[PDB]
**Q** 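Please read through the structure below; I'll follow up with questions.
The first sequence line is chain A, the next is chain B, and the lettering continues from there. Chain A uses the PDB entry numbers throughout; the residues present, in order, are 249-372. The residues of chain B that appear here are 182-452 by the PDB entry count, in order. Ligands are counted one by one from 1 in listed order, and the atoms in each one are counted from 1 as well. In what follows, every heavy atom counts, from backbone to side chain, and hydrogens, waters and symmetry copies are set aside.
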Amino acid sequence: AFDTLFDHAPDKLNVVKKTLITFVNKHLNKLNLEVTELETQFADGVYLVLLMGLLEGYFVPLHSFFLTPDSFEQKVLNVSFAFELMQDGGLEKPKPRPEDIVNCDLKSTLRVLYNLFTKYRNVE
Amino acid sequence: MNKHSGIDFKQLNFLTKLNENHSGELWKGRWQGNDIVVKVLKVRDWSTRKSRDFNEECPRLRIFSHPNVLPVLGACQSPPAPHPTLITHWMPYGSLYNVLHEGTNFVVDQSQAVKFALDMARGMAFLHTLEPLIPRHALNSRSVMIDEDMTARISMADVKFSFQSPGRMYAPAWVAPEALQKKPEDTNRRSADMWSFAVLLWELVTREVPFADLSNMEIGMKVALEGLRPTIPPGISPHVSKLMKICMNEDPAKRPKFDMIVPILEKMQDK
Ligand SMILES: C#Cc1cccc(Nc2ncnc3cc(OCCOC)c(OCCOC)cc23)c1
């Protein structure tokens, strides 16, 4: 379904990407964080964790994840933890493995971001 | 046989639903001649391990020996109950938060505010005598309740349980900077609670919600990493300013103990 928005309407795909860009900055700019590139800026899990707290109304204690991950393994742990926060919030288990996000799979990343966007468009 | 069977869920009279959120549901009800609040907990991936843990954690909350501590009357074990459930007494004025910030009918005066402060300091000093400390108890204005005679009481029913996510913190404005960043086992938990009391003092002085204009994420990140602090209120006595500054010392080890500020607050009472 989302795969058709991805592959066989590449000017819709870019509009999906431009939609997801506006959405994440609406929230992350509150922390003075800017996203200009969806292909890489969520790969280390940090912005996904911060975004979840912004969307669902909590702070994430800094000992709960790696704010400055120093390894592929720590980035996988961050993404897995963000996936758990997603499930805490009512989303079903995400399809991609956490390593798919760490490896900058644009489809895996936009799928996760799109499911967040479908659920949370209207949060101020 | 088990040492506690807990409260029988079948004996609860559920009267009216008060609230529902991420953590569960609150109901007003009745049980064995008591007017109660029931909290039905929402838990993902409930398990026998988590249920065993719930049943070991709840007995510590049944504290009947201090006027400024509100006990959990008991808990429903799940199984056999549908969900892990807590029972406490209905407090007619609700939380301190509601009395200070959502009080549509009266504004408590500053003599009452100073009495609330003394009440809370006495209850915290008592809780800090327990060995070990009750874990996962966060002091803030939502976790203090106001009883029928306006006595403030620390709510034991508002503790967090081991199976509730430690990664989601919903009242960071009251949390000490070190506790936003370090695991509990790496902090002095008593000194962290004194920071929370300092923020309660600020709230009693300003009658404002701390950092009300910011999201919980913004609050935690800015307090932890950008040095955001409550602004010391203008036009208060040097004595109140001094107390609030020492309770909010950046160095946890320099903050007073609750049993040190109890006599200070006693002298601040009208009576
Ligand atoms: C078990 C348990 C448990 C766990 C966590 C929190 C609480 N909360 C409370 N506990 C005790 N008494 C309460 C009384 C309350 O209202 C009293 C009337 O206020 C004017 C009250 O209001 C909640 C909002 O209702 C719309 C909450 C109370 C109970």
**Q** What drug or investigational compound is present at ligand 1?
**A** erlotinib
**Q** Write down the name, per the PDB entry, of the macromolecule bound to erlotinib with the most contacts.
**A** Integrin-linked protein kinase
**Q** What are the letters of the other chains having a heavy atom under 4.0 Å from erlotinib?
**A** B
**Q** Mark up the atoms of erlotinib that fall under 4.0 Å of a heavy atom belonging to B:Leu267, in ascending order.
**A** 1 (C)
**Q** Considering only chain B, which UniProt domain carries most of the residues contacting erlotinib?
**A** Protein kinase
**Q** Among all the protein's non-hydrogen atoms, which is closest to atom 22 (O) of erlotinib, and how far away is it?
**A** B:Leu199 CD1, 4.4 Å
**Q** How far is atom 9 (C) of erlotinib from its nearest protein heavy atom, and which residue and atom name does that atom have?
**A** B:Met326 CE, 3.6 Å
**Q** Look at atom 13 (C) of erlotinib and say which protein heavy atom is nearest, naming residue and atom and giving the distance to 0.1 Å.
**A** B:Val218 CG2, 3.7 Å
**Q** Heavy atom to atom 20 (C) of erlotinib, shortest distance: which of B:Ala338, B:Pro273, B:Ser336, B:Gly255 holds it?
**A** B:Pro273
**Q** Just to confirm my output: which protein heavy-atom neighbour is closest to atom 27 (C) of erlotinib, and how far is it?
**A** B:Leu207 CD1, 4.3 Å
**Q** Does B:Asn279 approach erlotinib within less than 4.0 angstrom via side chain, backbone, both or neither, non-hydrogen atoms only?
**A** neither
**Q** Tell me, which protein residue and heavy-atom name are nearest atom 14 (C) of erlotinib, and how many Å apart are they?
**A** B:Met272 O, 3.3 Å
**Q** How far is atom 11 (C) of erlotinib from the closest protein heavy atom, and which atom is that?
**A** B:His270 O, 3.2 Å
**Q** Could you check which UniProt-annotated ATP binders in chain B have any non-hydrogen atom under 4.0 Å from erlotinib?
**A** B:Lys220, B:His270, B:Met272
**Q** Which Mg(2+)-contacting residues per UniProt in chain B have a heavy atom closer to erlotinib than 4.0 Å?
**A** B:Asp339
**Q** What are the neighbouring residues of erlotinib within 4.0 Å, counting only heavy atoms?
**A** B:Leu199, B:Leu207, B:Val218, B:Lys220, B:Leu267, B:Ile268, B:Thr269, B:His270, B:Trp271, B:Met272, B:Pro273, B:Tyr274, B:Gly275, B:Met326, B:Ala338, B:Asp339
